[PDB]
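To start, the structure under review is shown below, and the notes come after it.
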Amino acid sequence: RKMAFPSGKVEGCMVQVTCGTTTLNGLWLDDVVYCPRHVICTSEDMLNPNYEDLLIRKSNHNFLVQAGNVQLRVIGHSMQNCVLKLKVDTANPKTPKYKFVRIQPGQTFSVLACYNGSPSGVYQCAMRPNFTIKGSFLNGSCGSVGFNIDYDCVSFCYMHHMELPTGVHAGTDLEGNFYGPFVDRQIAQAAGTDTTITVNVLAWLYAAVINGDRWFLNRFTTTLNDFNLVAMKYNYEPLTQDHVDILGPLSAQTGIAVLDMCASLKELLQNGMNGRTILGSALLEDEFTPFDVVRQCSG
Amino acid sequence: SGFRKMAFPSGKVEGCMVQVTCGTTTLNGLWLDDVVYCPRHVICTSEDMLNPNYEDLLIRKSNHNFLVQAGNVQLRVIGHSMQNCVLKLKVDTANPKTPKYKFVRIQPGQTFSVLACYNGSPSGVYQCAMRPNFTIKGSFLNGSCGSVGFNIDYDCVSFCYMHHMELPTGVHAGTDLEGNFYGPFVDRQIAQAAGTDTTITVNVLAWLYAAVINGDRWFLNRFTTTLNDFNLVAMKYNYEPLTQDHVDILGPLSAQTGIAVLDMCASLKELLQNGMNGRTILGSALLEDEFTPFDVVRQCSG
Ligand SMILES: *C(=N)[C@H](C[C@@H]1CCNC1=O)NC(=O)[C@@H]1[C@@H]2[C@H](CN1C(=O)[C@@H](NC(=O)C(F)(F)F)C(C)(C)C)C2(C)C
Ligand SMILES: *C(=N)[C@H](C[C@@H]1CCNC1=O)NC(=O)[C@@H]1[C@@H]2[C@H](CN1C(=O)[C@@H](NC(=O)C(F)(F)F)C(C)(C)C)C2(C)C
């Protein structure tokens, strides 16, 4: 099934940041708190903000940072793209090993949804090819982060900023650069047409084969270039060299060449599933990555 | 908005997980105060699991045969007792990370989070429900026993499940923290099958309300039905009956959407008799039944 990473290492980094009456969540690592810069905005400000001018008027003593009800004094502030960086007087004793990463469309991560600095729930999702995520976020969730854990290292990849009219969500990496062509202004914005994540569908078919569900395999293969041109006709993402590489381990485990699985997928796309299921499903799953299959099938 | 299968944050439980070893058998334990809880079959060899004499096996053990590891540090066992299918190991150090907690026994249909662990180390968290046939549709591998399921209310962890075994159909079975199995199963390595399962009707309706709150409305219709006439059709399709307490607990979702519970029941009735026409609800091709009304209110309202 779809699992989240254990959230404990991130829970110990969640704080709340307040300007005036505007409050959201921040991320406390060592002696720095990271949060969306629109915390410095009033309601009217958000309709058409001048962030450079709003920050010039701000001082350290205007920022209220709290871990629980314990205040952390801000001793410096700066803006990096769409994130604020607030230096505080206390190094977080629960800081884990960590890094900041910018992920690619199709990569999955866990989200720790927080409100008023208080973790509320954890769920798994993926960066869509149109650079949105199908999240679950209510008022006050901004600053919630998405992450992956490898070994003892937390790779932070997403911070939440906004919800689009179609009910999907958009945000930045931890250097404040939006995923996608979105801006942190309350103005009409729309997600592009989404596509299906082909590398992930393939990983899910490999998973099916590993579990003994393999009726969909044909005795044919294709060329990468031929597969990519046909895939786009069904609103499927084309494969990159990196996609073919990260499928290597699953190809080796099953002995099924990547391009042979591509040929099997193409036949599925052309003829559908004749009232048949794969892993108990009539829909092809596209939010399980090859890493997810390995991690969840090996423990 | 949006709607995801959501688990509780797992940090408070991660701080309680440890490793327990007997001979060559290793699994997970739950360290609360100065006691470690774990499945009793940790004391079994391969031959023992095929036909265990648990009380005899435990009388023949001593404290020092139990190797308990928290992180990289060994804890010294100073006592041990057996409560049903659970072993309690008294250790000489209290867990400083112990949360406020209670042990509860849940009813079928209720949901909970599972923190899957291996060798005392947390691996993943996911949301489950207690099936009507007392199994759970988990994801557990070798070494996962002693993983627990829980809910959190404010700052209090309610432990409701500890993992013990996997049935041949791939569903899972375990105990409450008093060591009593959910369902008619035993901690012995012998073929065991579960009763026939049913769908958790009140949960399906809560999820239909979630789909409406999120703008997925295609399955609604202009009709209503009586509670009894709905239950007749539900039971025909192997769905649980809907009680008046279930109707009441759906009230707040009915109020938010303006859709009476018995109006939604008429839509579910039509879904059961006609199928979904290959359409989806909240991106699902099947009716989801592992969100309670509380789960939906909490995620869609706050
Ligand atoms: C931050 N706590 C929220 C998170 C939102 C609220 C409901 N669900 C979410 O994910 N972010 C905002 O309120 C941001 C903030 C001003 C407006 N905004 C929006 O998300 C708005 N959306 C847009 O303006 C749109 F459509 F362009 F995406 C809103 C209409 C409130 C959903 C700023 C700076 C974008
Ligand atoms: C605990 N570490 C494992 C967890 C298992 C391993 C595979 N997936 C799981 O959830 N539990 C066990 O190994 C228990 C333990 C001996 C046998 N067992 C089983 O789960 C076996 N099942 C059964 O014998 C059956 F059919 F009754 F469910 C197994 C065939 C190994 C899955 C005991 C005492 C039950």
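Chain letters correspond, in order, to the sequence lines: A, then B, then on. Here the PDB entry sets the residue numbers for chain A, with the shown residues being 4-302 in order. We number chain B the same way the PDB entry does; the residues here are 1-302, in that order. All heavy atoms count here, side chains included; hydrogens, waters and symmetry mates do not. Both ligands and their constituent atoms are indexed starting at 1 by order of listing.
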Notebook entry, point to check: Can you identify the drug or drug candidate present at ligand 1?
Noted result: nirmatrelvir (bound form)
Check: Per the PDB entry, what is the name of the chain that shares the largest number of close contacts with nirmatrelvir (bound form, ligand 1)?
Finding: 3C-like proteinase nsp5
Checklist line | Contact chains, nirmatrelvir (bound form, ligand 1), heavy atoms < 4.0 Å | finding: A
Notebook entry, point to check: Based purely on interatomic distance, does A/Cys145 place a nitrogen or oxygen under 3.5 Å from a nitrogen or oxygen of nirmatrelvir (bound form, ligand 1)?
Noted result: yes
Check: N/O to N/O below 3.5 Å, does that happen between A/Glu166 and nirmatrelvir (bound form, ligand 1)?
Finding: yes
Checklist line | UniProt domain (most residues in contact with nirmatrelvir (bound form, ligand 1)) of chain A | finding: Peptidase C30
Next item on the list: Under 4.0 Å, heavy atoms only, figure out whether nirmatrelvir (bound form, ligand 1) is touched by the backbone of A/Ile190, its side chain, both or neither.
Entry: backbone
Checklist line | Options A/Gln192, A/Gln189, A/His163, A/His164, ranked by nearest heavy atom to atom 12 (C) of nirmatrelvir (bound form, ligand 1), top entry | finding: A/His164
